[PDB]
Each structure stands twice: as structure tokens, then as C-alpha cells.
Asks: 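What follows is a structure written as C-alpha cells; I'll ask about it next.
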Amino acid sequence: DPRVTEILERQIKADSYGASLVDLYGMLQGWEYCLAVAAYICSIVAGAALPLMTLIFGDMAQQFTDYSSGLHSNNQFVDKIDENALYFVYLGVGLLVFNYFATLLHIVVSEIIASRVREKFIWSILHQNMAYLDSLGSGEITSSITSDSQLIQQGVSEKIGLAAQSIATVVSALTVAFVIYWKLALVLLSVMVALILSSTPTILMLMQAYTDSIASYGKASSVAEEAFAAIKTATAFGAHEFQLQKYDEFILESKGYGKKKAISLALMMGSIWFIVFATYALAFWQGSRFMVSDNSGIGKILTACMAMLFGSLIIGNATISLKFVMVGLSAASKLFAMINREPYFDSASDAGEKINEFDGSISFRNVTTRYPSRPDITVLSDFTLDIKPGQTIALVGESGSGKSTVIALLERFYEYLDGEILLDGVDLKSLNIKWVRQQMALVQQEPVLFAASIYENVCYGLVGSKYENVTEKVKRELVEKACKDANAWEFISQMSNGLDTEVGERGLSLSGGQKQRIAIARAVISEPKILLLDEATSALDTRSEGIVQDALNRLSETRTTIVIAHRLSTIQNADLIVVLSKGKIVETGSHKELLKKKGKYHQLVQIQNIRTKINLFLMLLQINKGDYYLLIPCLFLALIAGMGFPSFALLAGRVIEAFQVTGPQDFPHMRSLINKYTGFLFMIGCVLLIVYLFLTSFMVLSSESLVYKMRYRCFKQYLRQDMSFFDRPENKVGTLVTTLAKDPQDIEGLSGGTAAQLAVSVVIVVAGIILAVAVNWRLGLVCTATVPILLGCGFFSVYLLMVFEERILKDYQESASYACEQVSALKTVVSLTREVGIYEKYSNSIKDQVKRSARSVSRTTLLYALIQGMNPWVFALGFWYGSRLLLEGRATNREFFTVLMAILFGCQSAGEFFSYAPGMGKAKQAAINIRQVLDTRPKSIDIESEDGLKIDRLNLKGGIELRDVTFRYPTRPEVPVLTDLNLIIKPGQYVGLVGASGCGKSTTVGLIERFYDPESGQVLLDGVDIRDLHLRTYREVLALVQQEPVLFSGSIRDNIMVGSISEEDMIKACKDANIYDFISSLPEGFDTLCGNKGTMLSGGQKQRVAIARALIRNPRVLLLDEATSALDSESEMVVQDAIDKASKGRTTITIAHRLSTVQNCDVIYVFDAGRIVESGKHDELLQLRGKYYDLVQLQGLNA
Ligand SMILES: COCC(CCO[C@H]1CC[C@@]2(C)C(=CC[C@H]3[C@@H]4C[C@@H]5O[C@]6(CC[C@@H](C)CO6)[C@@H](C)[C@@H]5[C@@]4(C)CC[C@@H]32)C1)COC
Ligand SMILES: COc1ccc(CCN(C)CCC[C@](C#N)(c2ccc(OC)c(OC)c2)C(C)C)cc1OC
Ligand SMILES: Nc1ncnc2c1ncn2[C@@H]1O[C@H](COP(=O)(O)OP(=O)(O)NP(=O)(O)O)[C@@H](O)[C@H]1O
Ligand SMILES: [Mg+2]
């Protein structure tokens, strides 16, 4: 027990890992480290040189004020201005150079790190033991290959460079502000820190609201998942409003939390602007108060104020960039957990022995095995067997005996706890695993061919052979010979290219017969010593089976072979047959020997013989008409913003002019002016605050509303679709749930909030331009011509960042798809030992991709650096022109700084709208997908349409008639299920539809319920076609009891009343279902929760609840689609008691696999390939000695 349990956990134990940036940045080797260092240095420099613009602005402001006061001569003013303009030019050039190098080197280093991570991941995944790989959920490895490596690459991409730039900018801004003027900087820092620690409550509230909304939509998404999975039951019982009301109850909680989200976002975005203008006014006021003692001047006050705000504003950029770093580290924590895990079997190394002159003899001695997933069941117990060279052995038995467990033990996929497996007397645990797998050839039931030429697919089996590295002509001859010996040359010659044709997604797609023969050729070409045939003809068509079986027999006449045959006629001439029952060998010997013993083999042969004998924005705005009451004020607060920012610029210009003091004699007057305007700069600062407290709020509210509708309607548009919509491969339950999660959420980027923000930004930009032109037309015209440049730069910074974000995902697609292809077929890869070749191909692909990607990036990084450096040049031109204007008297210091602050506000307000650009990158896509979903309408089976003859209960006879019905499943229209089916149920008949499996007897339920319409033919209820009846009332007449009982999450009373068409009909139905006793025995009454929690119920009680649900509506036609073909024998009797009572008094159509139930049917119909072969009662069918007789004999033997 201790050793066994330790082995079973160690085979599957996935140890966790906590990754950091040390692990990610240690992927560099040697001279690559310098690149990383260089990148960071550049980033830091590109962040430290940015707040020097505040220094140069302060110096130019001081020069302008001094010249206006009359302190210095024209020549001095011109020379100083020109020197400051040169300083802007130098700063712009430096910003360009360092931004280029920082971005390029960060991207290159991220490419290198992620490529190393990808290589290590694929190498590690390929060489894990199969037990761990099976444990990994479906699609986990492919998601780690495709969508977890991009996150790692982003975490160390230019995003971390921008985070470092933001931190450096904050540090440098604080340093500049404290070095130039420390007293005012200290006062401003104290006030800002106080106002931030005072806004910590609002941030906490916003994060809480986000978390609560996420949880509420998680509950809503669980309701959506259960409805889609149980869409048949909901369609049959008309539970399309019940599911929608359970969904709407949870997407109305998300709206309630979105109202807190809106309030918190409005408060936070108002606090951020309160800090801005409060600091501005306080800086100017306290600087004037300190000037009466320091003579600091306007320059130092402006430098300190600008540096403080600059530093604070960039804190937001650091947080957004650091989000990517945190997400990347979490993805690394995942990928490094798997990369570091050591496999249970050391197949990567070359440790082990290699048998020379391998004969091909195998020996199992008391082999015992328990799978790691289920450590309590012994799948294989005391397995003993000896296979001499040349002996073809056959493993037979019922499903779950453990036949494929022997092959899994041989191939080292799983570990055997006790016993001993010997290859020519050498223990299997002391042999090289890759060599062991090379000495065998595994031919599975489902053949896997990879996306390559048939020549390459066949050569995939030459790994580790003596012919692995030979001249290509010898390889071509070998492939030709192997394809001839596999009966594959015949159809290969027919194809145009021949051996070079590409079998895979791209190129021709072959039938199982061709794919299986190519797999046989790939197996034979290696000349194996042991052949493992695991049902190589199980899924094959009967006609194809002949050619392939011939190939398999010719292959296996001369090698040690272990045949697991689905058809026992193929293994009659096997040298030895072993019968397995629950992992134990019951008998072994020749065909004639076992038959004379009349044991399990005799029964299996008899059953086989019997079976053989029987056989865009305006659209969403129009949808959300409610936003019309959130767009009447938003065009009035915008007007207020358009009259508040120009006023703010005017006041700022007046305050700067007030500082034109020649000496200490002007300090009193200045102070008075400073005071007065600083009052207005507050009174107009608060008004705008109020606007933000409303405006942002409305934005978020609007968005929330839209999302809610885009959820509700979308769900209401999925429940409307007919079953053919849900049969399509794309419309999986998980896919539809993910679409409901994503698209309604993502369409929030083109809501009324975006329109309001765009309108506000446009109004502010236009108001700034108008104010600048009115104040001084000579200056406003240049401001009008610099604003297009200053806005394009701000937009294209975001656009190029988006391009950098998209490149990572769009570039590693030709290579991630290859890895997902070779990993989705991982047992085939492992058994061929194609692990090294796949590693070499994938590594070469991504190594080429790195070199391509660096040169791809450099071109865009050039433009990004140019845009980043553009701003100081614009400021230099503006200041030079302004100084030339003050020279000629055509402008005033007040007018110049009013224009400057106006264009500053315009560019800061238009940069709020550009941050919406990434969102509209996805929202647009979402919008078009949602429009298709809303427009999707079922062809004929529509529940919402009120067109059709309604049914009258008084005249409702309840008879059914399928007249000349033929039907094909739309997914596979080639294969017919029903052909020319003529069938009649008279009213009140208890009819049973028995038949061989695959006869399409269960499709009659779908046709009567009108899940589908017949391709050609008619279905009539009481002489009236069902296509002319109202679907809702028709389905209310019917009732359905499915094979596996479905109970939607909720109380027992709710599930039982789903089929209600008074609290006493429900009791009566529960009594008729023999379930009321169990209900009264529950801790509570009918309020007990069943779905997904509460008192769990057995299959019998679930089926009885389903029967009561069907019974409440008092149906005239009860459709029992194998209501007991899921129950154990003991439970089946009470469920059958419930079923028999329901049949009395109404038309009942029972499809049953256990023909004991249908023994009391008035008329029994037997199906065969979709047509009614035999009809009549039980005794007459028995006397007929036909297909029903064979079925009852088969059921008697099968047990
Ligand atoms: C699951 O959660 C998902 C998440 C939900 C929202 O999370 C919030 C977390 C806090 C965070 C990052 C958010 C918005 C504004 C951010 C603030 C701006 C302020 O600016 C400063 C500096 C400048 C000052 C003037 C004002 O204060 C900072 C101290 C303040 C700040 C950086 C503190 C952190 C805030 C988003 C994202 O969803 C898209
Ligand atoms: C022109 O291109 C851009 C220009 C500026 C920006 C920066 C965006 N700003 C940080 C938005 C500031 C928002 C904010 C408000 N309200 C604000 C701050 C300062 C402002 O003037 C100094 C301001 O004027 C409206 C607004 C604060 C809440 C932060 C980005 C740009 O591209 C994304
Ligand atoms: N990876 C696994 N983890 C746990 N149990 C497993 C695993 N694989 C198979 N089993 C169970 O082990 C038993 C034997 O499985 P298996 O060896 O596949 O039998 P089989 O006779 O080859 N099946 P079949 O090919 O359908 O006739 C059954 O109970 C299986 O459900
Ligand atoms: Mg099997």
C-alpha cells in the first residue's frame, strides 16, 4: 500500500512553481545579457530625460516674464530663447534615440526569452510520462503552447520597458521638483499624498464592485452552460422562459454592481482632476507667498508645479504596463511548473541497456497494475503470459477487461506496480525506453497522419532504424516497398503527385481505409520485432476491412504480434488466444481448445455470430434606446467643459502675467492679483469636477446597460434556435458560453460612453482652438496647425503600441500550430520516438522567427521613436515663434501662455479619447459577431412565430403517423438514419420501438418532438401535419422522458414544475412517479436543491423526478426514450413501476434497449437500418423466429 500509493501519486504528481523575473531573465546566455542591460539603461534614460521639459518650460516662462517686465534687452531675450529652443531640439533628439534603442532591445530580449521558454516547454512536454499528460485537462497543453507563451513574451516585452520608463520619469520629476524649489515641492507633495491616501476608499470600492460583477456573471455563465447542455429537455418542455429568467436574475446583479462601479469610477476620475487643479492653484498661490521672501520667480514655481503633476500623471502609465508584467509572471508560473516537473520515466536520457540480436520474446510474470487516475480499481491483476518469437497472440474479452492495458505497459506509457515484464530475459524496467519503443510498432484503432507528404508520413516510422540516415533514393525505394506490402500503392498511384501528395488539413483528406493502410506502411517500414495491433480495423467499413485485414495478416505472419481484434473471426488462426475478464486471465489456448471448454470464448463467439446475423455603433445605440436619457445631459456637460477649460486657460494666463514684478515694490499688488485669480481657478476647477463626477458616471452606466442587453438578447437568441443549430460542430456548449462571456462584454467599447468621451474631447479641442484664435489670431493660427501634429502623435503612439501587441500573436502562428498538431497526437509521437525530430523542427522554426521578427520590429520602432521625440520640437517651434512675436509687440506674455494652456488642455482631453482606441480594436469585431447572432433565425422550426393551427384538447385524439419519412442528420447528410419509414400509433396504444443499435429508433422521438423536420415525408398528429401546427401548443401536448435524466439547477419543486402547462397536480404527479415518499423523507420538503448541490439523488430518483415533470402536464403522447437504459437492475424495477402507470390512459411510445420492458406493449416494431422490418406483439414476433427472436436471444446471452 505505501509503495503502491507512492508510485501512483508520483506518476501524476504535478508540483507547483513560483516564477519571478529572475527565472525569465535567466533564459539569456552570455552576450545576450548585455542586450537586456542595455535595454533597461535606455529605458531609464528615456524616462529620466523627459521631466527636463519642465525645467526648460520654467526657464522660458521666466525669460518671457522678465522681458515683459522690461528687465533685459532684446538681444539677451533672443539669445536666451534661441538657446532654450536648442535645448528642446537636443532633448527631442535624445528622446528619439533612446526610445528607439529601448523599444527595439526590449522586444528583441523578449523574443529571445520566450523562444527559449517555448523550446524548453515542447522538450519537456514531449518527454513526460503518459499518466501526467492524460491528467492534464483537454486543451491545456495547446493553450500553454499558443496563449501562455504570448503572455510570457509580453511580460518581458516593451511593456516592462515602459514600466521602467514610467518609474524613472516619476523619480526624475520628483528629483527635479525638489532640487529646483524644495519648499513648494514639499508643500505640493504633502497635499497630493494626503489627497491620494484620502482616495484609497474609492479605489477599494471600485475593485470590490469589479469582483462582485465578475462573480455574478460567473453564476450567469453557469446557468447558460447548463441550458445549452440540456437544450433537448428545455426544447421539449418549453423551458425557454424559465432558463431566461434564471439567466436574467444573475445578469441583473452584474448591473447592480456596475452602478457601484460607475459611482466609484466617477469619484476617482473626479479626485484625479481635483488634485490637478488644486495643486496648480496651490502651487501658484504658495509660490507667490514665498516670493515675498525668496524672489524665486515664475520660472521656479512653474517648474515645480509642472514636475509634480508630470510625475503623478505617469503613475497611471506604470500601473497599466505593470499589469502585463504581472499577467506574464503568472503565465510563467504555469509554464515553469510543467517545464521543471521531472517525468516518472527517464526516456529523455540514454540510461538503460540495449538488447543485441533481439529475438522478440516477451514474458509477463504476475503483472499487476492500477491506473493513477483511479488508484482503487485493479485494471490488470496477476497477468502471466509467454510469447515466443513468431507467435501471434490474441487478447479477447468484454470492454474494460484490460486488453489495451497490456499494450500500455509494453509501450511504457504506464507503470506496472507488481510483477515482471521480460524481453529475452531482460527486465523491462532496465531497458532504454526509446529503444524499447523503437523495437515495437503500434497500430491503433484510429490512425493518426501528420500534415506532411505521404512519403514523410511513412518515413516517420524509420526513426531509430538502421535505415534512418541513408541516401534519399534508398528511402524512396523503402517507402515504395512498404506501401506495396501494406496494400497502399494501389490508391497511391491513382493520386496525381503520388508519394509526394500532402495528406493532412491542407491537401487531400483520406478515408479510414487509406489512413489505416498508410499507418500500416509506417509501422512495417521500420521492420519491427514486436507488432501491437490494437483494433486496427475496428472503425473501418466492412468493404474496406478486407484489403487492410489482408495487409495486417501478411504483416503479422512473421513477427511476434499481439492482436486485439474487435471481430473474433480474424483471430481464429492465432497461435494462442487469451481471454481477459476484469483484468484476470480466465483461459488461454488454441481456437478449437477454448470452444470445446465452452467457457467465456464460447459465449463471445456466440454473441459475435448473433450480432453478425442481425446486422455598427448606431445599431447597438438603437438597440439600447435607454441611453437616450443618458445622452441628453452628456451633450450639456460637454458644453460646460467647453466653457470651463477656456476659462481655466484665461485665468492661468492672467496669473502668469501677474508675476511680472520688477522688484519688491510690486509684491503687494501681485499678491492681491494672485489671490483673486487663485480663487477663480478654484471656483472654475470645482465646476469641472462636478462635470466629471457626472459625465464619467453616465459613461459607465451607459456601458453597463448596453452590456446587460447584449447579454440578455443574445441568450434569448440562442434558446430560440432549433436543434440543428446546436448540432453544428462550431456551436459547442463551451464555445457558445465563451461567446456569451466575451462578445457582450467586448461590445462595451463602442457604447454611449465612447461617444460622450469623443464629443467632450472634440468640444474641448475646438474650444481651445477658438479661444487661442480669439485671444491672438497670429498665434492661434500656428496653434491650429500644431494641434493636428500633436494629436496625430498621441494617436499613433497608442496605435503603434497596439501593433506591437498584435505582432506577438500574429507571428508565432506557423509554429504554434505545428506544436499543437504534434501534441494533439502525442501517443503516436511517443510510440514512434519522433520526439527529437519534432524538437529540431520546432526549434529551427522559432529560431528563424526570432531573426525575422527583429528586422520586422525595427522599422516600426523607428516611427515610434520619431513620434516620441516629436513633442520637444513642436514646443521649440512654438516658443521661438512666441518670442519673435513679443519682439514685435504683436503678442503679450498673457496671450502666449493662455494659448499654450488652451492647447495643453485640448491635447490632454483628446488623449483621453485615444486610450479608447485599443478597446475599439476588439469592440468592432464583437459588434459584427453580435449582429450575426441577433439576425440568426431558424429555417422552419421557430418557437416565437405564432403562425400555425392551434390544437384543441377536447378534440385531441392523440394518434401519430410517420408517412413515408426519410431523414438525414445535417452534420452527416451522407449517412441516412431513416429511409421510407411508415409507422402508425393508434390513440391509446402502448407502442415499443425495439431494434438493433444504430437503426435510428431514437430519431423518431426527435421527429415527433419536431427537433428536426423530415427531409421527405410527413409527420401527423391526429391526421393533421405537425408542420402546420403551432409549435408551442404542440410541444405542450407531448411529453418526453430522456435516457439520462436532466435536472436544471434549482429546487425539486421548480424542476418538477418545469413541465407544468396548483401545488396539488404536482403532489399527484409525484405520487404517480413513486417519488413523493423520497421527497417527504428529505430534510426539507419540495424545496430541496438537486442541481449541482443539495441532497444528491440516485439515478432512480432523478428518473422518477423526470417522470413526474413529464406527468404534470397530463400529456396525450408520452415519449420514453430509454428511460431505464441508464439505471442499475435494482433501481429499474421501481422506475418501471412508475412508467407502466404513466402509460395507462395515453399514447405511449417507448424506445428501449432492454427488451424486457417492452414485453407488455400492444404492438412492437423492430427496426433494421432505418426501416420497419417486423411488426406485431411479443409472442407473434417470437414465433416468427426473425430479427426480434435474434435480439431476445442476444439479450439473454449478453446479460
Ligand atoms: C479585476 O480587476 C480588473 C481591473 C478593475 C479596475 O482595477 C483598478 C485597480 C486600481 C487602478 C489600477 C485602476 C484604476 C485607476 C488607478 C489609479 C489612478 C490614480 O492616479 C494616481 C496618480 C495620479 C494622481 C493625480 C491620482 O492618483 C494614482 C495613485 C491612482 C491609481 C494609479 C491607483 C490604482 C488604480 C483600476 C481592470 O479592469 C479593466
Ligand atoms: C495627444 O496625445 C496624448 C496627449 C495626452 C495624453 C495623456 C492623457 N492624460 C493623462 C489624460 C489626463 C486626464 C485628466 C482628467 N480629467 C487630466 C489631467 C491633466 C490635464 O491637464 C493637465 C487634463 O486636462 C483635461 C486632464 C486627469 C484625470 C489625469 C495621451 C495622449 O495620447 C494617448
Ligand atoms: N487512464 C486510465 N485511468 C484510469 N482508468 C483507466 C484508464 N484507462 C482505462 N481505464 C480503465 O481501466 C479498465 C481497463 O481499460 P482498458 O485497458 O482500456 O480496457 P479494454 O478492455 O482495452 N477496453 P476496450 O478496448 O474498450 O474493449 C476500464 O475500467 C477502464 O475504464
Ligand atoms: Mg482497447
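Numbering of chain A is taken from the PDB entry, so the residues present carry the numbers 32-646, 698-1143, 1151-1288, in order. Start at 1 and go down the list; that is how both ligands and their atoms are numbered.
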Asks: Which drug molecule has been modeled at ligand 2?
Replies: dexverapamil
Asks: What name does the PDB entry give to the macromolecule most in contact with dexverapamil (ligand 2)?
Replies: Plasma membrane ATP-binding cassette transporter required for the export of a-factor
Asks: In this structure, which residues build the binding site of dexverapamil (ligand 2) when a heavy-atom cut-off of 4.0 Å is applied?
Replies: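 Sure - by heavy atoms, that gives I303, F727, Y774, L872, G876, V880, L986, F987, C989, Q990, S991, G993, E994.
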